[PDB]
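Structural view - enarodustat in its complex with Hypoxia-inducible factor 1-alpha inhibitor.
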There are 2 protein chains.
Amino acid sequence: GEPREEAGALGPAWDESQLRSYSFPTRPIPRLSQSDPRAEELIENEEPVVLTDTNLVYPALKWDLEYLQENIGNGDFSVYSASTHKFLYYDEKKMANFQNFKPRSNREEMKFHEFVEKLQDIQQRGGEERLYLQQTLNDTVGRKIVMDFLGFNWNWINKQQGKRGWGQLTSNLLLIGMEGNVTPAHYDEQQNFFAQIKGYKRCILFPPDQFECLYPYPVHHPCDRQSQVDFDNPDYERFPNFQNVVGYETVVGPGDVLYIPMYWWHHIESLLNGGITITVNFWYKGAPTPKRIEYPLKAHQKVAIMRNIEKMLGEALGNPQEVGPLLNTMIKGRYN
Amino acid sequence: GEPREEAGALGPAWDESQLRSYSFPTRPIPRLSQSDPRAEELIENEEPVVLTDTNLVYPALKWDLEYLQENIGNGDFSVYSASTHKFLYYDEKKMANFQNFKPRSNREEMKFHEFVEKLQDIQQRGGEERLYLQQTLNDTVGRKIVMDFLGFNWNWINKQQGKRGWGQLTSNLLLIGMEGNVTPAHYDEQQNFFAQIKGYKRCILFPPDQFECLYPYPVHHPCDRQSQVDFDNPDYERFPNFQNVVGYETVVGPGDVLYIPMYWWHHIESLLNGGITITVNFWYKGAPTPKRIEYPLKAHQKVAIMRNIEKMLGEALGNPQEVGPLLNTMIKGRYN
Ligand SMILES: O=C(O)CNC(=O)c1c(=O)cc(CCc2ccccc2)n2[nH]cnc12
Ligand SMILES: O=C(O)CNC(=O)c1c(=O)cc(CCc2ccccc2)n2[nH]cnc12
Ligand SMILES: [Mn+2]
Ligand SMILES: [Mn+2]
């Protein structure tokens, strides 16, 4: 809501002009201490919460481009490129299903200084071209970064994994972005802790029961799990229920950790004119489904049922492009 | 097409005024000898054919109400009743899913003479109330009927079952109806030989790829497999593709045998002012599906896929009434 004040009378951390304007209402995600019972209650009920004092990535709070470039080593890093502010990721494996899909984002491997220089050059000419670096925190990075990575609050996050009954830590991703970068609305099938390090990022989350308002791509499409709605220019004729969507909103800064529950939609943007952003994400496999299914189902279980129906139909028909026509055949004049 | 002539200059077997008028075009089903290779080719390709000389139910050609009443015995027979000419059958087991479904047909058990008398009484007062008797040909009927039943051309129909690779003979049903009786359009999941004995019945068949034009009820509805379209007063707003339906038509009389392939729609009506009708149906389980599935699929395989999706969805959601809403959720703004 109202912008927080940096310690030491350093002024507001951000102002309203750094947030993009959208067509839907939002309400705040709770900001709570990790020792607060309400925070544990929210995570257990699969609702989002911002924890302000986990110290989850404390040793990484000194990370910037200068520190990382000298200590991360001389390895190759995956840099994603976009022509606009919207980063449009896609699944290359599913490109065969949609021969007319034209990719808008592009990946490239380079050294860290190549990433820094291409970053600085774009800011110099102001070319509106934006970049996103993604890298796994393992032993392939330099020694000093490994020391920092080992210094994460593994005690806290291991206990969270234990208490919630989650599966194994799937991925631990370092994310470095440019001001204005937007990852459009999408949902994931894993639990996530979103650990902010440098700069500020506005996170807008939508519950799984907003499926009907957000219109995800077909499961076999390369943009599977992403919303088809252009938040900047929504097509109300194709997507009429986008007029009904309501989100949960928060701005996370250094030291904050946001819990993004599995199947929850999230739209993440780096604040305009806010400098670079650095985030470390942790993803965990969800807990195994309880063997005594309790009716009526939760929204996220209906999402999984719909995903499976689309998958099985694509295999049974021998061609995922026939999924749509058959589903319409099933419905028209029978269920609508 | 043109009405056939009875042997012995006995005049046309029927005239056009005995056929009900419908809104769709039709073309004739081939009438062929059972020794004709074309007939074997049609049955093997799952296309309908009228065989004129099988002698399948030859000993039953002397069956009428007087002969049957004296020789079928003093057992109970299932008599279905309808207020109009349309016999609206339903699955009582599925009535729990649709508490607002009101049955229009009614079943009652009675002696054969009770059936004859209630038949004659309705014709006397001309009450437009119509009846349909259904009974399995087994050893529970009288001795003389068993002799006749044993006299069917079991050699011919056993060889057909063998050649097509069909499963076991599921049911062998005696059907006695009144003039004007209509069994509305529906499809079955078994192979059928329709053996006409007394009177004439107009059979209108639609291929399985007419699913989209005939709008079957939801699988969990008591009228599962039946068309929702009132052929007498079609609702083109609810059922727009009924304007595109095209049928295969024939009038079968004594001695004729119609092959109704599995998943083919059929609408059967006893000719107006044509007297009672008598039919014996034979149903067989279809051949096991070939283990090497050949793409793209046949229409009837897509029907089975759609049926299974509706079934599994009803079980997964714990309530078949939620099938419709979820299917719409899956489709709207995504596949339509
Ligand atoms: O913070 C922001 O701006 C928003 N970014 C994201 O949500 C985000 C992301 O950045 C990176 C990955 C890749 C995760 C992965 C998958 C397979 C193997 C390794 C790693 N995913 N996956 C789902 N969401 C993301
Ligand atoms: O000739 C006409 O007027 C049209 N009639 C029919 O299509 C017709 C019929 O009459 C009777 C039965 C019941 C079959 C059955 C099912 C389970 C156990 C025993 C028997 N079916 N089933 C599917 N279609 C029929
Ligand atoms: Mn994500
Ligand atoms: Mn039938």
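Chain letters correspond, in order, to the sequence lines: A, then B, then on. Here the PDB entry sets the residue numbers for chain A, with the shown residues being 14-349 in order. Numbers in chain B come straight from the PDB entry, and the residues shown are 14-349, in order. Header entry for method reads X-ray crystallography, 2.2 Å. Whatever order the structure lists ligands and atoms in, that order sets their numbers, starting from 1. In what follows, every heavy atom counts, from backbone to side chain, and hydrogens, waters and symmetry copies are set aside.
- In this structure, every copy of enarodustat sits at ligands 1 and 2.
- Using a 4.0 Å cut-off on heavy atoms, the other chains next to enarodustat (ligand 1) are A.
- Binding site of enarodustat (ligand 1), heavy atoms within 4.0 Å: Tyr145(A), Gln147(A), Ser184(A), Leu186(A), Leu188(A), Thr196(A), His199(A), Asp201(A), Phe207(A), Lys214(A), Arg238(A), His279(A), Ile281(A), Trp296(A).
- Taking a cut-off of under 4.0 Å to the non-hydrogen atoms of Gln147(A), the atoms of enarodustat (ligand 1) that pass are 9 (C), 10 (O), 11 (C).
- For atom 3 (O) of enarodustat (ligand 1), the nearest non-hydrogen atom of the protein is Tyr145(A) OH, 3.0 Å.
- Less than 4.0 angstrom separates some heavy atom of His279(A) from each of these atoms of enarodustat (ligand 1): 7 (O).
- Residues of chain A near enarodustat (ligand 1) cluster mainly in UniProt domain JmjC.
- Using 4.0 Å as the cut-off, the other ligands and ions neighbouring enarodustat (ligand 1) are ligand 3 (manganese (II) ion).
- Counted by heavy atoms under 4.0 Å from enarodustat (ligand 1), the UniProt 2-oxoglutarate-binding residues of chain A that qualify: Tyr145(A), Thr196(A), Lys214(A).
- At a distance under 4.0 Å, no protein heavy atom can be found next to atom 17 (C) of enarodustat (ligand 1).
- Protein heavy atom in closest approach to atom 8 (C) of enarodustat (ligand 1): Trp296(A) CZ2, 3.9 Å.
- Distances below 4.0 Å separate heavy atoms of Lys214(A) from the following atoms of enarodustat (ligand 1): 1 (O), 2 (C), 3 (O).
- If you check which protein heavy atom lies closest to atom 10 (O) of enarodustat (ligand 1), you get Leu188(A) CD2, 3.4 Å.
- At the shortest separation from atom 15 (C) of enarodustat (ligand 1) among protein heavy atoms lies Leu186(A) CD2, 4.2 Å.
- Residue contact check: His199(A) has heavy atoms under 4.0 Å from atoms 7 (O), 23 (C), 24 (N) of enarodustat (ligand 1).
- Considering backbone and side-chain N/O atoms, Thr196(A) comes within less than 3.5 Å of an N/O atom of enarodustat (ligand 1).
- The shortest contact between atom 20 (C) of enarodustat (ligand 1) and any protein heavy atom is with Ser184(A) OG, 3.4 Å.
- Among the UniProt-annotated Fe cation-binding residues of chain A, those with a heavy atom closer than 4.0 Å to enarodustat (ligand 1) are the following: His199(A), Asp201(A), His279(A).
- Taking every non-hydrogen atom of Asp201(A) and a distance limit under 4.0 Å, the qualifying atoms of enarodustat (ligand 1) come out as 23 (C), 24 (N).
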Using a 3.5 Å cut-off on N/O to N/O, what pairs does enarodustat (ligand 1) make with the protein? A line per pair would be great.
residue                : atom   : partner   : partner atom : Å
enarodustat (ligand 1) : 1 (O)  : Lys214(A) : NZ           : 3.1
enarodustat (ligand 1) : 3 (O)  : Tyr145(A) : OH           : 3.0
enarodustat (ligand 1) : 3 (O)  : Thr196(A) : OG1          : 3.2
enarodustat (ligand 1) : 3 (O)  : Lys214(A) : NZ           : 3.4
enarodustat (ligand 1) : 7 (O)  : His199(A) : NE2          : 3.3
enarodustat (ligand 1) : 24 (N) : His199(A) : NE2          : 3.2
enarodustat (ligand 1) : 24 (N) : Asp201(A) : OD2          : 3.3

